[PDB]
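Sequence lines set the chain letters: A, B, ... in the order given, protein chains first and strands last, and positions in each chain run from 1. Numbering of ligands and ligand atoms starts at 1, following listing order. The figures that follow rest on heavy atoms only: side chains count, while hydrogens, waters and symmetry mates do not.
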Number of protein chains: 2
Amino acid sequence: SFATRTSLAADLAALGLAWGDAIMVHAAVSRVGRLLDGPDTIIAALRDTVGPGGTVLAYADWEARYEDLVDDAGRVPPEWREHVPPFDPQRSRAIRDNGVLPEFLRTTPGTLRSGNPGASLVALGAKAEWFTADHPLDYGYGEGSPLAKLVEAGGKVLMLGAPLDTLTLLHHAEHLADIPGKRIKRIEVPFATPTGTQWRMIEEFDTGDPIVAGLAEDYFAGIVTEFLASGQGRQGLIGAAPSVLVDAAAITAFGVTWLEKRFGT
Amino acid sequence: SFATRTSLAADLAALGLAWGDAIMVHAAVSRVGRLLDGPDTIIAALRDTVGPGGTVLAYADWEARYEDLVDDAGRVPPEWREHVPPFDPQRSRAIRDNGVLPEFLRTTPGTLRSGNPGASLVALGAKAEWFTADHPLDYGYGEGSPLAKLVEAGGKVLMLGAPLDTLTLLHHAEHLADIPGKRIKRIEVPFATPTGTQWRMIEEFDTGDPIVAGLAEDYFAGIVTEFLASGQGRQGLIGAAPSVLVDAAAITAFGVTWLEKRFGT
Ligand SMILES: NC[C@@H]1O[C@H](O[C@H]2[C@@H](O)[C@H](O[C@@H]3[C@@H](O)[C@H](N)C[C@H](N)[C@H]3O[C@H]3O[C@H](CN)[C@@H](O)[C@H](O)[C@H]3N)O[C@@H]2CO)[C@H](N)[C@@H](O)[C@@H]1O
Ligand SMILES: NC[C@@H]1O[C@H](O[C@H]2[C@@H](O)[C@H](O[C@@H]3[C@@H](O)[C@H](N)C[C@H](N)[C@H]3O[C@H]3O[C@H](CN)[C@@H](O)[C@H](O)[C@H]3N)O[C@@H]2CO)[C@H](N)[C@@H](O)[C@@H]1O
């Protein structure tokens, strides 16, 4: 009646998580079952399974409710500017729309957070410095991004009971997909610098909706389902949670090909 | 349509919070209204109002779900011992039963947390070291406790939209009250030391229920209501939240006298 740090690490090993892996986690903590330490049991079991050579990652994003006040060019009206809290990678809370684990991971001692606010990842472990260094502010889901570094390092993504449409790495596949009609989001973001608040415009492919028209908003779940149905990845229980584990480079290439087949040439 | 760091500090000043105050906060963040930075706007406004000479405090407690496995002497059965996460004052999460603000305060850079797990307070500011140092493990709501140091320093308690029965300092009044039939809670707690897990028995007056029989479980709210009805304390809005501000030494003495009149001699 209690999933422990030991039992969860055993479930993670049986699922496919290995010593030295860089693992990115999307979790629905309620579905794991009753935990002795709450979400920190999940974090501890992941660190135990990958060892000091591994790295645990999560999608942090940023809690910035000021997006309801921007006009049409994405800037902030002058009456609201100095009221918007600027982004500090060490103090800005992770978004909690898709669960509380990224914030729990962000506040775990040793965790590093990248510089692109809306696309920030948290990393804890051996390669946390490289995974979070020099995050390009424009198109933060693309070439120089932590999501690209996860693919390059041969990392893995674990859907720990979370809905399959929340896989952030598939936004990296959307950025890479050579297709037409890609939607773009522009917004101004306040940054905290040792001299005050400095504003800056951010450009990236819009990850608030499907990258192109004609797709259901949860269509990431279909891509993951087809990926598993093709005999790739592994499925199994983590505690009481139905979980999915995929290779980062494989699911990205599968996601790009999924898009380049139905759209473009 | 947006309570800001500036507007909240103005509401706090109008309520009675002053420069240099040591303020302990019980908050219901949802009732404050729409915040630009979430709960961190409340923390920032409190720090702004009290200044670098002040101190912001909250009741942290401890997220320890292992209390359902103890027998009748309060110890942990041998099969569960090494599975229970030990208490680390720097890493143990604050309880979130009465809101998320204590955990947000605990993870704010610079905040210190005291050593008594179940009675731990978080402190951020000038006297955070003294407020959290040398917390007596047995009877942690009594003489050497942060709640007693708050009374000694002339601190204040702010009920920021929270229910009035959640005022932790009234447990210090229960400990001090010279009355009969005081209930006692005993439990064993794992502690993290630089050499491993060390277990220890904790004794204190039971704060999970009224200190004596014959009291409704929310009777703290009646004491606060009588205290305000007697012309003491101040009431007003903090954002959109009906709030209460009281002097720590006054509400404690009023709480003790409230108990010593209806019970004992
Ligand atoms: N969905 C409709 C659209 O949502 C936008 O805002 C959305 C946006 O801020 C935000 O979208 C966020 C992005 O930020 C972030 N960079 C990646 C993350 N996957 C995404 O999340 C969203 O897309 C996922 C599906 N991949 C869903 O599983 C998830 O529940 C959903 N919140 O959530 C809001 C609602 O989804 C705009 N309101 C408007 O373009 C339109 O209303
Ligand atoms: N209430 C019934 C009793 O609750 C106990 O457990 C309780 C205990 O762990 C815990 O009680 C906690 C204490 O820890 C902590 N040290 C101080 C805090 N004010 C108190 O909180 C409790 O008392 C307040 C009223 N002052 C309420 O406002 C609050 O909602 C309530 N959770 O919440 C649990 C439920 O209240 C035991 N289950 C049993 O003795 C009996 O069932």
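- The compound at ligand 1, a drug or drug candidate, is named neomycin.
- In this complex, the main macromolecule engaging neomycin (ligand 1), as named in the PDB entry, is Aac(3)-IIIb protein.
- Other chains whose heavy atoms approach neomycin (ligand 1) within less than 4.0 Å: A.
- Using a 4.0 Å cut-off between heavy atoms, A/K185 makes no contact with neomycin (ligand 1) at all.
- Of all atoms in neomycin (ligand 1), numbered sequentially from 1 with element shown, those under 4.0 Å from a heavy atom of A/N98 are 30 (O).
- For chain A, the PDB entry reports the organism Pseudomonas aeruginosa.
- Distance check on atom 37 (C) of neomycin (ligand 1): every protein heavy atom falls at or beyond the 4.0 Å cut-off.
- Both the backbone and the side chain of A/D165 come within 4.0 Å of neomycin (ligand 1), judged by heavy-atom distances.
- Using a non-hydrogen distance threshold of 4.0 Å, A/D97 does not register as a contact of neomycin (ligand 1).
- At a heavy-atom cut-off of 4.0 Å, the residues contacting neomycin (ligand 1) are A/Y59, A/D61, A/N98, A/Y141, A/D165, A/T166, A/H171, A/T207, A/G208, A/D209, A/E217, A/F220.
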Check neomycin (ligand 1) for N or O atoms under 3.5 Å from a protein N or O and list each pair with its distance.
unit_1              : atom_1 : unit_2 : atom_2 : d
neomycin (ligand 1) : 1 (N)  : A/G208 : O      : 3.3
neomycin (ligand 1) : 1 (N)  : A/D209 : OD1    : 3.2
neomycin (ligand 1) : 1 (N)  : A/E217 : OE1    : 3.1
neomycin (ligand 1) : 1 (N)  : A/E217 : OE2    : 3.2
neomycin (ligand 1) : 4 (O)  : A/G208 : O      : 3.3
neomycin (ligand 1) : 16 (N) : A/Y59  : OH     : 2.9
neomycin (ligand 1) : 16 (N) : A/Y141 : OH     : 2.8
neomycin (ligand 1) : 16 (N) : A/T207 : OG1    : 2.8
neomycin (ligand 1) : 19 (N) : A/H171 : NE2    : 3.1
neomycin (ligand 1) : 26 (N) : A/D165 : O      : 3.3
neomycin (ligand 1) : 28 (O) : A/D165 : OD2    : 2.3

